[PDB]
Colleague: 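Here is temsavir bound to CRF01_AE T/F100 HIV-1 gp120.
Below, chain A is the first sequence line, B the second, and so on; all start at residue 1. So this one's electron microscopy, 3.1 Å, going by the header. In what follows, every heavy atom counts, from backbone to side chain, and hydrogens, waters and symmetry copies are set aside. Readers should note that the entry appears only in part, and the reported contacts come from within that part. Read the numbers this way: they start at 1 and go in the same order the structure lists the ligands and their atoms.
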Amino acid sequence: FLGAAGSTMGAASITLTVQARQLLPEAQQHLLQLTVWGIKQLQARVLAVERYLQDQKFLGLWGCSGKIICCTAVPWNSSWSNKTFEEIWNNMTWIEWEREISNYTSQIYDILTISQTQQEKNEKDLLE
Amino acid sequence: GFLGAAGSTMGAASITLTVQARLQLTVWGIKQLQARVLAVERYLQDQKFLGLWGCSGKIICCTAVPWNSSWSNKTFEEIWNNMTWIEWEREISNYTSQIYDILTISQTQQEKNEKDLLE
Amino acid sequence: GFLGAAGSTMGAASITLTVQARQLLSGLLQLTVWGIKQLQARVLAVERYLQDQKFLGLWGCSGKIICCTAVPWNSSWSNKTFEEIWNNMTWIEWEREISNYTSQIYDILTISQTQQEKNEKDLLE
Amino acid sequence: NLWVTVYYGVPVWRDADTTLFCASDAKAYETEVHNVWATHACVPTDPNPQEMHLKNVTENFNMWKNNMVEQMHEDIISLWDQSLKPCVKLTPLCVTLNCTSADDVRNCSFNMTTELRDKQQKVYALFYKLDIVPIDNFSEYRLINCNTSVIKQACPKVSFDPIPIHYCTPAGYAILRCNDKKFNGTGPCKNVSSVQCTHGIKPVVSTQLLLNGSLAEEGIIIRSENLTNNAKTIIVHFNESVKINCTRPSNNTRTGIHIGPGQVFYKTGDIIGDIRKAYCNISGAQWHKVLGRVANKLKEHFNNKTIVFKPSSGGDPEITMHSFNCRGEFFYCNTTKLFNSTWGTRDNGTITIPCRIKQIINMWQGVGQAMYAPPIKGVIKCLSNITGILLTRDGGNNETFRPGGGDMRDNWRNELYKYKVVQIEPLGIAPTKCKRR
Amino acid sequence: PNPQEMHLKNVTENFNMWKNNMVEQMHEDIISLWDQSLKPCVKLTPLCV
Amino acid sequence: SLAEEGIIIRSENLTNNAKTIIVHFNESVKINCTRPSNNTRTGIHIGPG
Amino acid sequence: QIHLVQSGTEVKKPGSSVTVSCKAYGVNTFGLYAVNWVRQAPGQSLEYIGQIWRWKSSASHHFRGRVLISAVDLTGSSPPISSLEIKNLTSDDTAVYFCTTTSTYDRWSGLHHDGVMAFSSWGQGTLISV
Amino acid sequence: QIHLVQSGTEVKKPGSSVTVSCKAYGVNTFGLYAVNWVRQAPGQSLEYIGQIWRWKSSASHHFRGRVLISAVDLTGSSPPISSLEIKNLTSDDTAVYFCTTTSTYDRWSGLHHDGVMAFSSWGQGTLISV
Amino acid sequence: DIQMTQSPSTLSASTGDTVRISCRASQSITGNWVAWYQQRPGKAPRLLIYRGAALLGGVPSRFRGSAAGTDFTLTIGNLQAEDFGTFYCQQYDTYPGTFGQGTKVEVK
Ligand SMILES: *[C@@H]1O[C@H](CO)[C@@H](O[C@@H]2O[C@H](CO)[C@@H](O[C@@H]3O[C@H](CO[C@H]4O[C@H](CO[C@H]5O[C@H](CO)[C@@H](O)[C@H](O)[C@@H]5O[C@H]5O[C@H](CO)[C@@H](O)[C@H](O)[C@@H]5O)[C@@H](O)[C@H](O)[C@@H]4O)[C@@H](O)[C@H](O[C@H]4O[C@H](CO)[C@@H](O)[C@H](O)[C@@H]4O[C@H]4O[C@H](CO)[C@@H](O)[C@H](O)[C@@H]4O[C@H]4O[C@H](CO)[C@@H](O)[C@H](O)[C@@H]4O)[C@@H]3O)[C@H](O)[C@H]2NC(C)=O)[C@H](O)[C@H]1NC(C)=O
Ligand SMILES: *[C@@H]1O[C@H](CO)[C@@H](O[C@@H]2O[C@H](CO)[C@@H](O[C@@H]3O[C@H](CO[C@H]4O[C@H](CO[C@H]5O[C@H](CO)[C@@H](O)[C@H](O)[C@@H]5O[C@H]5O[C@H](CO)[C@@H](O)[C@H](O)[C@@H]5O)[C@@H](O)[C@H](O)[C@@H]4O)[C@@H](O)[C@H](O[C@H]4O[C@H](CO)[C@@H](O)[C@H](O)[C@@H]4O[C@H]4O[C@H](CO)[C@@H](O)[C@H](O)[C@@H]4O[C@H]4O[C@H](CO)[C@@H](O)[C@H](O)[C@@H]4O)[C@@H]3O)[C@H](O)[C@H]2NC(C)=O)[C@H](O)[C@H]1NC(C)=O
Ligand SMILES: *[C@@H]1O[C@H](CO)[C@@H](O[C@@H]2O[C@H](CO)[C@@H](O[C@@H]3O[C@H](CO[C@H]4O[C@H](CO)[C@@H](O)[C@H](O)[C@@H]4O)[C@@H](O)[C@H](O[C@H]4O[C@H](CO)[C@@H](O)[C@H](O)[C@@H]4O[C@H]4O[C@H](CO)[C@@H](O)[C@H](O)[C@@H]4O)[C@@H]3O)[C@H](O)[C@H]2NC(C)=O)[C@H](O)[C@H]1NC(C)=O
Ligand SMILES: *[C@@H]1O[C@H](CO)[C@@H](O[C@@H]2O[C@H](CO)[C@@H](O[C@@H]3O[C@H](CO[C@H]4O[C@H](CO)[C@@H](O)[C@H](O)[C@@H]4O)[C@@H](O)[C@H](O[C@H]4O[C@H](CO)[C@@H](O)[C@H](O)[C@@H]4O[C@H]4O[C@H](CO)[C@@H](O)[C@H](O)[C@@H]4O)[C@@H]3O)[C@H](O)[C@H]2NC(C)=O)[C@H](O)[C@H]1NC(C)=O
Ligand SMILES: *[C@@H]1O[C@H](CO)[C@@H](O[C@@H]2O[C@H](CO)[C@@H](O[C@@H]3O[C@H](CO)[C@@H](O)[C@H](O[C@H]4O[C@H](CO)[C@@H](O)[C@H](O)[C@@H]4O)[C@@H]3O)[C@H](O)[C@H]2NC(C)=O)[C@H](O)[C@H]1NC(C)=O
Ligand SMILES: COc1cnc(-n2cnc(C)n2)c2[nH]cc(C(=O)C(=O)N3CCN(C(=O)c4ccccc4)CC3)c12
Ligand SMILES: *[C@@H]1O[C@H](CO)[C@@H](O[C@@H]2O[C@H](CO)[C@@H](O)[C@H](O)[C@H]2NC(C)=O)[C@H](O)[C@H]1NC(C)=O
Ligand SMILES: *[C@@H]1O[C@H](CO)[C@@H](O)[C@H](O)[C@H]1NC(C)=O
Ligand SMILES: *[C@@H]1O[C@H](CO)[C@@H](O)[C@H](O)[C@H]1NC(C)=O
Ligand SMILES: *[C@@H]1O[C@H](CO)[C@@H](O)[C@H](O)[C@H]1NC(C)=O
Ligand SMILES: *[C@@H]1O[C@H](CO)[C@@H](O)[C@H](O)[C@H]1NC(C)=O
Ligand SMILES: *[C@@H]1O[C@H](CO)[C@@H](O)[C@H](O)[C@H]1NC(C)=O
Ligand SMILES: *[C@@H]1O[C@H](CO)[C@@H](O)[C@H](O)[C@H]1NC(C)=O
Ligand SMILES: *[C@@H]1O[C@H](CO)[C@@H](O)[C@H](O)[C@H]1NC(C)=O
Ligand SMILES: *[C@@H]1O[C@H](CO)[C@@H](O)[C@H](O)[C@H]1NC(C)=O
Ligand SMILES: *[C@@H]1O[C@H](CO)[C@@H](O)[C@H](O)[C@H]1NC(C)=O
Ligand SMILES: *[C@@H]1O[C@H](CO)[C@@H](O)[C@H](O)[C@H]1NC(C)=O
Ligand SMILES: *[C@@H]1O[C@H](CO)[C@@H](O)[C@H](O)[C@H]1NC(C)=O
Ligand SMILES: *[C@@H]1O[C@H](CO)[C@@H](O)[C@H](O)[C@H]1NC(C)=O
């Protein structure tokens, strides 16, 4: 859930424990009707379910599987970004960063998938 | 959710948990649609909690949180040898929210520490 | 979930199994005729994924494409050796061949996962 | 070296549109009084506020493009239709009425169907002059909507009492509230706070004056789409409420006639006592004070000219008169005395404005689908605030500000001007030095 | 499909028949099935004469 | 939509005389249809509304 | 739609001052809009001058202390108006001037970035020579 | 429904040729069906000759180079017809013959496996002795 | 504080040909913060491309742009008289947002 979004990336990274804690509801009451209000709840349920399922579907394919801080062995290519760790984590907010690197999200996702599946294949070889 | 073995003490039932599991609008058709969403919604909720605490698909999940005696006062033998599951969950029904929060915080703290080790 | 590369044998398709996940993203409030069909379609997909992920999860693979399970092979389920299973038999052909022993395989996998879970707690004391 | 790391739960959002459901208060409406608005089905009862203050975050808000107002307009039109679908048809009543040529009742004589299809009956009813239109002693007359709409009786039990409805958002979406004083709903907003969903809002509708609404914080503030075009209406929001008390004092009766198998048309009945027409009382001093403040505020944004308020020119009876319902009967009061002072003597006497009640209501900006409201059988008395006026400019020095109304969306813009739904995007990618798995 | 009944052993439950919601659901479902089946049918209003 | 290489006759049972034969054409034949004489529409009010 | 208008051509002399007013027909308000001032010397490349953004005015170093920015939004008779006037004019200010706009309602569009932005609409332009 | 009818019986002598043709009333087409030729024996178990499957003729290793198989599906007046020809006739050919069909529309049924299939519907049979 | 140059400054062109114009930046504009203008003789410049490759509304589709590190290019295919003019390249990454040197296209 959104909150304290004005802080920089470094300041808000140590407060991610608060965001995750305290239940990171409504519309759970069964109705079984077709009135004006009876259909909007039925659609809201599906909207929430699809959103959460899509997010967890994207998360799983990279080997994160429900962890907030997901580390990956994918090198950083300078074409996606130039700025150093300080200029990224000291004077830039998350909205600013995600707007800056919005042209290289698809490639990042694809590369993460390649890396995960290649790492998965390497292990089977070691086991044999 | 295995009903059956619900009148046994906690230790016995724990051993026997070998296996966990396995449009039109008309009066019946709407009811069937509501029944589907109810199940999907329910499964997701338990999974969301389990995963946040780090359990992720294990029927028995070990957690690092210590036990505070202000939740319970009894010994391991009293709790496991003579209390059924519906009695224990009713006996500690006032400290589930705090327990959930403590496990979430502990999982996040463990998650943060590992990044430090990796540098 | 892939269609395409169905003709090839296991040895060819498995190399591109990585590609199946790799290349792509992979995987109403109206009572009109089209609107209800859309509602049913949305529920069908969510429900299917969750059933598939629920089946995958109980064996402890937890959302990974190739999962190794410590379950020995029973000669009642099949006879052919690794070369003649993975060199000239397609996936559809194999899944049609061993369609009488999927339930037993699932049950054995679940029991083995539960036993491994129990054996882990003992080590931790 | 740096390596891609993935975070779930980062603070990022983008503007979006959703389906916002309804939540009402604790008291379930299964009290045997069922409203047109179906508040009882708004089963999501509202447990707690849960607000968070976004700090150092600025947002841009434009009230005229909000989709929240557009959704409400549709939901309210639909709830009304749903309520009147199982109600008496009223088609037998479109017949020639023989009314005495000797508001005003003119009671008339008509022939109507009895329960047995073969037989006919002659019935007499008191019909308000506003709803009967002459067709060309004892001259003939016809009902007003005979030629353009089908009229359906309101079901008697249903209550038109307006109760608060809170609109709420599904998970993955949030509502943002501006929290800024004097916020003419357009421009950057400083202390945006994340609210779970909107506060209680009453689905009341009125033409010329807004009754029972929310009050501003700092002062009287003007809000309009384009402050240059004369075809756009100006909405004023007050920071203090004038009080209007309205009553129909006669003691009337309801008598029911059977127009078919199982169908009853309830007609008006003879009065006992014959009190004067309904009026409405509005404190003169407070009204003139708030009118002077509004005049000064208008002088601020309109070149420091002299502001003249004039009475409404003409149109449908809704547009030219103040319109509302006291206890289920809509009556339209004459508001000339309230708006005639060129503000930049003031009379302190209680102002009493005449009201003429009507019965056959017509749909706003639509074709067909009229409604009939039965009598109440008792005396009525409702007390209300007024916290807004709607005015529309006439130009071709001084300025002419004709009172306006009729658009049913504009009644809620003073209550939904400070909300904006934003989709939440939790995923994010950032570089750091962990490099494993 | 094939029934699966499992005996709960050493478990006692309390039952009150007059508070069951299962009976209340049935009453509404049967009232609504009859209404749906007779909605597309001849009106019969000319008969009262 | 025209077929790709040749005229194709498709039918459910080429033996039964009670089954229709559908023919698909490689190329199209063009038909132009018109009602030459222009008329007027006038509306009569048969009820309220 | 959107249309911009400025004053006419004016011929001044050194040591004087000149005024240029911008009037936008289509900009609902300057609260969620921005106006950028740009100068084009004859043949030379376009040059940036200054802006007012969220009712905050500023200018580049080459024009700091020598340029003035003001703006008034919707009025009952007049459209939003922005003004630029040179102070202590010198012989090097002989160039055309232009009034620009952009839309700032959505962060995710890509026409603005932390106050530095492109220019969606351009005025006809006024010529000032000395 | 499904019904099979073959030709009549023949009595011949060695060094000749004879053909038996089955006419299936119920097979929509041989494209998604298959015809299996099986020869019963005077006292022994049944044997396999060959088949037409997706219009790909084949025969057993003990009948290759002698037996020929052809088939024509639905026509305007006649039902699908499949035929077997025995060339270089001998005393060992004194046995009944059958023409059989099994459905091939679904892979997952279990009536066929990689071209080697069961025998669902059987004809009456034609005794041939020499 | 950030400068750019573009070449060719003046280039001949003919109807039906495809022209490629490139503007080079001093630094690495990894955010794709580059915009293109075209002005007719004695006319104010008009925005055509923003964020490297995004078309505006009511713009011919023959204008195309590609962004990669330091090399930003604008490709115009099937030129017309409505398309001859003077072109500009701008970066808006660091305050102040400056302009390019200025390139002109002449017929034949
Ligand atoms: C909805 O609700 C919201 C919220 O309430 C509401 O928003 C409000 O809108 C108001 C508009 O209606 C708005 O008020 C205007 O604000 C303007 C911004 O003013 C700021 O900047 C100026 C300039 O800043 C310079 O200079 C100062 C001092 O020199 C310096 O300290 C600064 O740092 C800055 O210098 C920097 O830039 C220089 C270049 O400019 C550079 O050289 C320097 O080196 C340095 O880098 C400050 O002076 C202010 O104090 C503010 O900080 C403001 O400009 C504008 O003033 C005009 O209107 C006033 C009346 O309201 C007049 O009194 C005033 O004189 C201005 O009028 C002149 O301009 C108009 C426009 O052309 C012209 O027509 C007039 O005739 C008049 O011209 C005469 O004066 C000018 C000199 O100004 C001469 O050049 C002419 O020749 C004439 O002589 C307004 O005051 C308000 O801020 C805003 N509030 C909020 C909270 O958002 C919104 O309007 C509502 N919506 C609706 C529809 O109503
Ligand atoms: C919908 O649209 C689709 C797409 O168009 C359409 O599909 C088409 O359907 C067609 C049918 O309508 C189909 O055409 C038939 O194909 C038959 C298969 O032919 C193949 O096999 C034969 C035999 O193969 C043998 O022999 C050769 C040479 O000796 C050898 O090289 C082979 O390897 C194989 O030998 C193997 O088996 C032997 C035993 O069988 C063994 O001894 C060998 O050692 C070896 O192991 C080949 O000859 C072909 O070249 C093909 O490769 C085909 O048999 C059939 O031919 C019949 O019809 C023709 C006219 O179309 C005639 O010209 C021809 O003579 C056949 O007619 C005989 O059979 C009928 C059956 O009753 C009989 O009535 C006739 O009188 C005649 O019999 C007489 O002659 C034979 C000798 O030939 C004698 O034995 C008899 O005793 C009689 O004297 C068809 O040509 C087409 O393939 C198909 N297309 C596709 C792409 O799938 C579909 O039909 C449409 N649907 C509808 C409803 O319209
Ligand atoms: C709130 O409501 C107000 C009132 O409705 C509204 O203001 C009006 O906005 C419209 C735009 O929607 C304005 O119309 C434009 O006006 C300009 C300037 O006209 C002024 O000057 C003339 C002459 O002195 C006066 O007669 C006039 O009254 C104004 O004072 C015109 O130049 C525009 O012309 C364009 O449209 C023509 C068709 O009408 C076309 O011929 C052509 O497209 C014109 O643009 C062309 O101009 C260029 C030259 O500069 C040319 O080179 C190009 O090829 C280009 O195509 C247009 O008529 C109207 O004047 C405004 N009126 C007032 C009183 O303000 C607000 O806009 C509205 N606010 C919002 C937010 O919607
Ligand atoms: C497309 O449409 C066509 C036309 O409708 C259709 O062709 C016809 O199919 C039907 C089957 O549905 C065929 O009817 C069968 O025909 C056989 C063959 O009879 C031949 O010989 C007689 C006598 O010489 C002729 O009169 C006849 O025309 C044929 O040439 C019959 O043997 C079948 O008899 C069964 O039906 C009897 C009732 O009529 C029952 O008493 C009994 O079930 C018979 O079967 C029994 O026979 C066994 C002995 O052999 C016995 O032991 C078993 O108990 C078994 O039950 C039946 O009448 C008809 O002939 C076809 N006609 C033509 C011109 O083709 C196609 O089938 C259809 N295609 C598709 C895909 O649907
Ligand atoms: C970085 O990402 C952004 C997206 O966040 C991206 O901006 C997008 O660029 C595409 C490519 O030009 C834009 O798509 C065009 O938009 C215009 C707007 O009017 C349309 O007219 C275009 O349609 C024409 O072309 C189509 C294909 O030929 C035709 O089918 C059609 O009929 C039209 O002729 C086209 O859709 C898109 O609008 C922007 N998005 C935004 C929000 O601006 C940007 O390009 C990326 N950066 C880089 C360097 O690629
Ligand atoms: C009353 O107008 C209808 C009449 N009839 C129907 N019908 C439904 N079924 C059929 C056949 N007609 C209607 N449906 C929706 C209707 C409306 O929402 C609608 O216009 N307003 C909402 C209620 N309101 C008022 O309170 C109000 C205030 C001051 C004066 C008069 C009325 C008017 C506006 C509607
Ligand atoms: C909002 O209401 C307050 C009082 O409720 C008004 O405050 C008074 O305003 C008048 C004239 O504006 C002043 O003479 C008084 O001194 C004010 N009272 C106090 C206590 O300060 C205020 O005017 C209202 N808002 C507007 C825009 O008029
Ligand atoms: C950046 O490097 C990655 C390797 O991690 C590569 O896949 C990608 O294509 C590179 N980017 C470009 C624009 O070549
Ligand atoms: C962000 O970068 C600028 C570079 O000019 C630097 O001056 C500033 O201090 C940085 N922000 C913080 C919080 O250090
Ligand atoms: C017991 O411990 C928990 C956390 O370990 C703490 O929240 C709680 O307050 C403790 N109880 C007491 C009585 O201190
Ligand atoms: C548990 O307690 C009850 C009563 O306190 C006692 O009867 C029972 O024997 C105890 N359990 C065991 C295993 O002894
Ligand atoms: C499949 O098996 C057969 C016999 O077991 C063998 O002849 C054939 O070569 C195998 N397929 C491949 C591709 O080697
Ligand atoms: C009404 O019906 C009566 C029949 O009882 C008839 O006599 C009378 O004329 C009718 N009214 C009119 C106006 O015709
Ligand atoms: C925004 O509103 C909150 C509560 O109304 C207040 O505490 C805060 O100070 C306000 N923001 C500013 C910048 O004053
Ligand atoms: C309206 O009623 C209230 C309370 O009953 C009263 O205080 C007020 O004075 C009344 N209005 C007038 C104009 O008297
Ligand atoms: C409004 O009403 C009268 C009627 O025309 C008008 O002349 C006058 O200006 C206003 N009333 C008073 C009391 O001033
Ligand atoms: C059908 O049309 C194509 C070209 O459109 C032609 O080549 C072909 O011969 C036609 N079919 C027949 C059966 O002639
Ligand atoms: C044909 O008749 C229609 C209807 O009167 C009319 O609108 C139209 O103009 C006529 N056309 C000609 C060619 O007269
Ligand atoms: C000359 O220029 C300076 C700087 O712009 C200005 O402040 C000063 O007032 C001007 N003085 C004269 C003589 O105009």
Colleague: Provide the full list of ligands or chains for temsavir.
Modeller: ligand 6
Colleague: So, with a 4.0 Å heavy-atom cut-off, what else is touching temsavir (ligand 6)? Just the chain letters, please.
Modeller: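 By heavy atom, the other chains are D.
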Colleague: What residues sit within 4.0 Å of temsavir (ligand 6), counting only heavy atoms?
Modeller: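 Heavy atoms within 4.0 Å: D/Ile77, D/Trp80, D/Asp81, D/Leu84, D/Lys152, D/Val205, D/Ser323, D/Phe324, D/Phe330, D/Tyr332, D/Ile361, D/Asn362, D/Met363, D/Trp364, D/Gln369, D/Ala370, D/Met371, D/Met408.
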